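Figure: structure with novobiocin.
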Amino acid sequence: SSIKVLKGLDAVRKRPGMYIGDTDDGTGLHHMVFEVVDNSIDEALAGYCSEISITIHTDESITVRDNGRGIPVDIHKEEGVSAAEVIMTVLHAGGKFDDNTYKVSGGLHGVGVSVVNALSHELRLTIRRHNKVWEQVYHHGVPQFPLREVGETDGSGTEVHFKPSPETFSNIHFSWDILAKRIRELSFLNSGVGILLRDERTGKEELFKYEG
Ligand SMILES: CO[C@@H]1[C@@H](OC(N)=O)[C@@H](O)[C@H](Oc2ccc3c(O)c(NC(=O)c4ccc(O)c(CC=C(C)C)c4)c(=O)oc3c2C)OC1(C)C
């Protein structure tokens, strides 16, 4: 089972353009952010998330944080690992790739966040759920340790800090303009959700919240 999962992540790293799009022209790089944000938006659509933040760090890493339920943490009998680890490591975890419905939400969201994990040289997942803080670190999608309880919290939600792999992507430089344009659109499409974009490289920040 563990070998099968590692092979799946290796397949993403072998042919990244088939999962994320062009790895040189910035389209795949920005898709990495948009896939993580789309998971937070799904939590807003479900009725649990009102706040999403996207932070661009000085090392061109990204943090996406939401105040949703937090990815479930309970250990599966079958995989022997947290539900969260399965979500972060298995393409379309728990289900099929929907060849009928990918045209609406995109193929990338159809395979899911495990692609972002596979194509990140490092990813830190922090979950706030049931008053506990859980963390898991990955490298190229491979967990460093099982999801572990690291603290207590009054908050809930999911935080993903990822560093795109320079083995996958050339010209790893995020565009404020590309991110802001899409975030403004997501705000318009998702009334009441506050989407905060912060660029620590420049000190630029902008809250997008549509009240229509
Ligand atoms: C990347 O994870 C995404 C989530 O992303 C974010 N940012 O929250 C979100 O888009 C959505 O999150 C869901 C989707 C479904 C449930 C959901 O059905 C829940 N209900 C439960 O009672 C529950 C409790 C334990 C448990 O193991 C599961 C199934 C586990 C799943 C679906 C990962 C569900 C729940 O607590 O949280 C859920 C959450 C947080 O789907 C994921 C997990 C693929």
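Residues displayed in chain A correspond, in order, to the PDB entry positions 10-221. Atoms considered below: every heavy atom in the structure, side chains included; atoms not considered: hydrogens, waters and symmetry mates. In listed order, ligands and their atoms are each counted from 1.
For novobiocin (ligand 1), the chief contact partner in this model is given in UniProt as DNA gyrase subunit B.
For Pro81, every heavy-atom contact with novobiocin (ligand 1) shorter than 4.0 Å involves the side chain, none the backbone. Both the backbone and the side chain of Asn48 come within contact range of novobiocin (ligand 1), each with a heavy atom under 4.0 Å.
Within the set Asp83, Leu134, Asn76, the minimum heavy-atom distance to atom 25 (C) of novobiocin (ligand 1) is found for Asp83. Residue contacts with novobiocin (ligand 1), taken as heavy atom pairs separated by less than 4.0 Å, do not involve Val95 at all. The shortest heavy-atom distance from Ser49 to novobiocin (ligand 1) is under 4.0 Å. By the definition of a contact as any protein heavy atom under 4.0 Å away, atom 5 (O) of novobiocin (ligand 1) is in contact. In the candidate list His101, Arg138, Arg74, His118, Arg138 is nearest to atom 24 (C) of novobiocin (ligand 1), counting heavy atoms. Residues of other chains with a heavy atom under 4.0 Å from novobiocin (ligand 1): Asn48, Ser49, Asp51, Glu52, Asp75, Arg78, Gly79, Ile80, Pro81, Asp83, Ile96, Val122, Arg138, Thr167.
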